[PDB]
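Structure, ibuprofen included.
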Amino acid sequence: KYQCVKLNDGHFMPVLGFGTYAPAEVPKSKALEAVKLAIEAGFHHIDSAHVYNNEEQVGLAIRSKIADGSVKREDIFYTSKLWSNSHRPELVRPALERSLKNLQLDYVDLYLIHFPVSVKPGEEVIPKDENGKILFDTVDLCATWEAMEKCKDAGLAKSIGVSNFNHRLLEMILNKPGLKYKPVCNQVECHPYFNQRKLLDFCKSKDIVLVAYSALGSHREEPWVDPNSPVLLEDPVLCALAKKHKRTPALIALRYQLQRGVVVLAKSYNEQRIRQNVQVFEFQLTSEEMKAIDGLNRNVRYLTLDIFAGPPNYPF
Ligand SMILES: NC(=O)c1ccc[n+]([C@@H]2O[C@H](COP(=O)([O-])OP(=O)(O)OC[C@H]3O[C@@H](n4cnc5c(N)ncnc54)[C@H](OP(=O)(O)O)[C@@H]3O)[C@@H](O)[C@H]2O)c1
Ligand SMILES: CC(C)Cc1ccc([C@H](C)C(=O)O)cc1
C-alpha cells in the first residue's frame, strides 16, 4: 500500500511522484538507472514527457521492474505530456501513440497538455524559421482538449489533465460547451518561494489536483532558469526546520506540499537522495511549522519558458 489521492475521474494518483527530466549534458542512460532506483525506493508515480527525450529509457525501466516481478503495472502511475508541436486535434492521438511506442507500454495513467502555447507541427520540438524566430501556431486548445478526451475514451490515457495553465486557461476548458472530462490536475511550479495559494484554492474549488514541479527549487538549468535566482534549499527557515526534525530542507519542502493537499514531484538521479525523498511519509509538520513555511512566499518563478512569451496563451 501507498498514499494516493482520488482524482475527479475516479482514478487514483500517488501523492509523491518521481521527476525524470535532466538537462541534455546528462546522458540518457542515467534515466534508466534512476527510474529503477525510484521504483525500488517506493515511488509509484513517475513523471515524464515526450519533450524530455527519455521515454525509451524510462519505459525500459518500468518494463524491467514489471518483468522481474518487482511491481505490477497497476502499481505504477505513469504520466506523459503532449508537446506543443502536437496541439492540432488530429495530431494528439498520434503523439500519444508515439510516446506509447517509445515506452513499449499499452497506456499512460495520465496525459497532460504540457504547455498552452502552440508551435508548428513536425519532428522539431522548438521549430524555428531561418531567422531564429519560433514558429508559433494558432490552435483552439478546446479542440486539443476534445482530442485528449477521445484518448481517454480509447483507453490510451486513464486520466487527462493540463500543465502550466493559469486561471483564464483553466476556465476556458471548464466552461467549454459539451465538456466531457474536466482536467484531473494542473501541473505547475510550486514551492515555498512561489506557493501558488491562489491558484491552489481555485483548483481545489473545482476538485482539480495541483501537482507541484520544481518543488525543490528546480534543476536550475541555463538558460531556462536565471542563475541569480535564490537557491530554495539554502533557505534558513527550511534549514532550521530540517535540523529540528533531523531531516533535510528538501524533505521539509516536500512535506509542506503533501500537507496542503498538493501532489509533489521530486527529481533526483542520486541513489541516496532518491531514497531520502520517500522519507516524506515518515514525519509531519505542525500548524505553526506550516505557517512558518507559508511565510516564505516571495513571488519567485524559476521557470518562465519566456521563449514562448508573446502569443495570447502564454500563461505567465
Ligand atoms: N510540466 C512542466 O512544465 C515541468 C517543468 C519542470 C519540471 N517538471 C517535472 O518536475 C520534475 C521535478 O522538477 P525539477 O526537475 O525542476 O527538479 P526538483 O525536483 O525541484 O529538483 C531537482 C534538483 O534537486 C536535487 N535534489 C533532489 N532531491 C534532493 C534532496 N533530497 N536533497 C537535495 N537536493 C535534492 C536534484 O539533484 P540530484 O538529481 O543530483 O539529486 C535536482 O538537481 C521534473 O523532473 C519533471 O518531471 C515539469
Ligand atoms: C529543453 C527544451 C528543448 C525541451 C523542454 C521544453 C519544455 C520543458 C518544460 C519547461 C519542462 O521542464 O517540463 C522541458 C524541456
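Residue numbering for chain A follows the PDB entry; the residues present correspond to positions 4-319, in that order. Looks like X-ray crystallography, 1.3 Å, at least that's what the header says. Read the numbers this way: they start at 1 and go in the same order the structure lists the ligands and their atoms.
Including duplicates, the parts belonging to ibuprofen are ligand 2. Ranked by contacts, the top partner of ibuprofen (ligand 2) (the one with most) is named in the PDB entry as Aldo-keto reductase family 1 member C2. Applying a cut-off of 4.0 Å to heavy atoms, one finds the binding site of ibuprofen (ligand 2) to be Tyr24, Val54, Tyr55, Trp86, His117, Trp227, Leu308. With hydrogens left out, the protein atom closest to atom 14 (C) of ibuprofen (ligand 2) is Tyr55 CE2, 3.9 Å, a heavy atom.
Distances between N or O atoms of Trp86 and those of ibuprofen (ligand 2) include no value under 3.5 Å. Residue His222 has no N or O atom closer than 3.5 Å to an N or O atom of ibuprofen (ligand 2). Close approach of ibuprofen (ligand 2) to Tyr24 (heavy-atom distance below 4.0 Å) involves ligand atoms 1 (C), 15 (C). Restricting to residues UniProt lists as binding NADP(+) in chain A, the heavy-atom distances under 4.0 Å from ibuprofen (ligand 2) involve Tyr24. Atoms of ibuprofen (ligand 2) found under 4.0 Å from any heavy atom of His117, numbered from 1 in the order shown, are 9 (C), 11 (C), 13 (O). The UniProt active-site residue of chain A having the smallest heavy-atom distance to ibuprofen (ligand 2), to 1 Å, is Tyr55, 3 Å. Restricting to residues UniProt lists as binding substrate in chain A, the heavy-atom distances under 4.0 Å from ibuprofen (ligand 2) involve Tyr24, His117, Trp227.
Nearest non-hydrogen protein atom to atom 4 (C) of ibuprofen (ligand 2) is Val54 CG2, 3.4 Å. Looking only at protein heavy atoms, the nearest one to atom 1 (C) of ibuprofen (ligand 2) is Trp227 CZ2, 3.5 Å. Atoms of ibuprofen (ligand 2) found under 4.0 Å from any heavy atom of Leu308 (numbered from 1 in listed order, with element): 10 (C).
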